[PDB]
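Worksheet: one structure, shown below.
By convention in this document, chain letters (A, B, ...) are assigned in the order of the sequence lines, proteins followed by strands, and residues within each chain are numbered from 1. Just follow the structure's listing: the first ligand is 1, and inside any ligand the first atom is 1.
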Amino acid sequence: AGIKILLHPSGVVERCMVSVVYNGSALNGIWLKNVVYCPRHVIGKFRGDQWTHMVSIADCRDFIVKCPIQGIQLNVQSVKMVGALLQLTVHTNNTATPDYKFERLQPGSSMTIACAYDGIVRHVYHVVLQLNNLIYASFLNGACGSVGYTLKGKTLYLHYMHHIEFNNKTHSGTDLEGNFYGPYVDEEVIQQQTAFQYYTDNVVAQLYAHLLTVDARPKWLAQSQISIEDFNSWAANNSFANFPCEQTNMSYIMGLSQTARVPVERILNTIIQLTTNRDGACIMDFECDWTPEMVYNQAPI
Amino acid sequence: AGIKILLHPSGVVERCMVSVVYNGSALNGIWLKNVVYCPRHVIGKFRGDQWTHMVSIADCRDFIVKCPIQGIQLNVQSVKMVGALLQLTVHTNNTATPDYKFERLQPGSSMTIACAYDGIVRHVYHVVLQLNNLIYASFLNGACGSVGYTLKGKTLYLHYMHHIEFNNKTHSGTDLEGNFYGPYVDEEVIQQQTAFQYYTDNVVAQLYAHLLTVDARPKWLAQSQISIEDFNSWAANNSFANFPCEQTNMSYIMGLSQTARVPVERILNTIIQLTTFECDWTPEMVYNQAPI
Ligand SMILES: *[C@@](O)(CO)[C@H](C[C@@H]1CCNC1=O)NC(=O)[C@H](CC(C)C)NC(=O)c1cc2c(OC)cccc2[nH]1
Ligand SMILES: *[C@@](O)(CO)[C@H](C[C@@H]1CCNC1=O)NC(=O)[C@H](CC(C)C)NC(=O)c1cc2c(OC)cccc2[nH]1
């Protein structure tokens, strides 16, 4: 019935976005219950263990907190730094607060970005947390505080809040608890990123999506097979993660192998052979944007 | 930062979605002011011109309409057919109605899809109206009533309402005026799909996206150049639309060529050499995320 990069509706996140201004720094934040969560560097660009002293002397009323979607100006009563985030307790309780959970995202999974500016989500796109704990997104100045999220069943799952943009078009941040993804920090210094490794489960997923939609026999789908052990011994020297990266993803890769009648050993052997050739499918594989769940949930069984 | 497929936030669309049920037919609908819009086949699977009689005898009271996001059940006072859409005038006015407009989409133009079910938007994805007036979308049963939209400055532009899933994984429907995109109708029967043709503007923007994302000199890039006139001849026999398909896109295409320092004649020449769904890029969306 069609296989697309699906995203989660942003209406629930939209009504909770607020703009936060302190001194000359401005960014975004989410207003849950009577608390506003925003990047802690909205009060200044510090480093190390000097954050605890600035939050202790943080002028509560110096925070300009506006919810543009509800037209309310909020008043910060107390400031509590939790990790790399600020929990600003306001007097007003957000009526638009949904059922929510603070859930950490595993590398290789997908989430939806509510890219906001001045407290208003302007764009919405889909990223995948990579093995180097980074995402390849689109963020300009004033996008700090934009949240990555997913929806399950009338409950909103918050996983991300934007902080830093690395020059290789990669981005990093914390969860809604204040813990950075990877060893990166919210400091303007030299930060080395871990070696990029392919999330094999998503490379296999992106291959099955072509086999479901290309309809024509791909000239890159090899006629041989390679086993999981032979692949994992090869993956250690070819920048590929251990397959399977997630046992739950196998249940989807297994349904994809039966609905396409192409065994997973055919895809792994192709991945080994397709290292020499294609990545983008431009005219005449190898990507982590398709997840095994998103492909299987859209495939006819 | 990077170049991504940008979609529009569905918050305004969500608060207006409602569920429309008539007999054993359940689908979605959008609620603007005191009028509800929904596909007419909710009252039955008809064909041709009997719609006028079937709607004139369809009671404004067998319609079950609810807005789940607002938890409000709505009653229909009057029913009117406008094209392939139904106009159900309800008693309550939607307080969550933004400044909206019924703008028709042109071939090659991108739009954000709000895949809804029982009045609740479940998934959001991005499509481009193809030259055969088709969209490669993702809809299951009950997704009828879903809308395709864009946003420009606090104003919502509604372009599409899903009706039909074809054999090939392509979908079709009408605008918000009730007129189908292409020569298709809301009938369960094999329909002739117009011959496919590549939107050269969006294909050109596809190649320009890689030059800004990756290196300045990929392998597939051709070192020679072909003219717009010479390409247009080859396009008439190779299923490529006449370039430029939209003169407005040349503002972005020329800005992308100077930004990437590779002319549009090389891109067109590469497309000829490259000959011997997915993430479709429009020239505006690529140029907007490009620096300077
Ligand atoms: C926020 O909007 C600030 O409120 C901003 C978002 C980035 C700006 C441009 N595109 C974005 O995504 N965040 C920052 O500017 C942060 C500030 C930190 C948390 C103190 N810094 C970066 O994103 C950043 C800094 C540097 C750098 O320096 C030195 C060198 C290389 C990369 C880099 N990224
Ligand atoms: C709506 O939800 C109905 O309210 C439904 C959406 C499709 C269902 C599966 N995936 C979808 O996108 N629409 C239909 O089922 C329509 C109903 C029409 C407008 C009366 N029917 C089709 O889209 C359809 C029917 C047939 C067919 O018959 C016979 C033969 C071949 C293709 C085909 N498409």
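The drug that appears at ligand 2 goes by the name PF-00835231 (bound form). In this structure, the main binding partner of PF-00835231 (bound form, ligand 2), as named in the PDB entry, is Main Protease.
At a heavy-atom cut-off of 4.0 Å, other chains contacting PF-00835231 (bound form, ligand 2): B. For a threshold of 3.5 Å applied to N or O pairs, the pair formed by B/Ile164 and PF-00835231 (bound form, ligand 2) contains no separation below that value. Considering backbone and side-chain N/O atoms, B/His162 comes within less than 3.5 Å of an N/O atom of PF-00835231 (bound form, ligand 2). On a distance-only criterion, B/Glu187 and PF-00835231 (bound form, ligand 2) share no N/O pair closer than 3.5 Å.
Considering backbone and side-chain atoms together, B/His41 places an N or O closer than 3.5 Å to an N or O of PF-00835231 (bound form, ligand 2). Checked by distance only, PF-00835231 (bound form, ligand 2) and B/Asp186 stay at 3.5 Å or farther apart across all their nitrogen or oxygen atoms.
Atoms of PF-00835231 (bound form, ligand 2) found under 4.0 Å from any heavy atom of B/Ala143, numbered from 1 in the order shown, are 2 (O). Less than 4.0 angstrom separates some heavy atom of B/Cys144 from each of these atoms of PF-00835231 (bound form, ligand 2): 1 (C), 2 (O), 3 (C), 4 (O), 5 (C), 6 (C), 13 (N). Near B/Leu27, with a cut-off below 4.0 Å to any heavy atom, the atoms of PF-00835231 (bound form, ligand 2) are 4 (O). Close N/O approach between B/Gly142 and PF-00835231 (bound form, ligand 2) is found [any backbone or side-chain N/O within under 3.5 Å].
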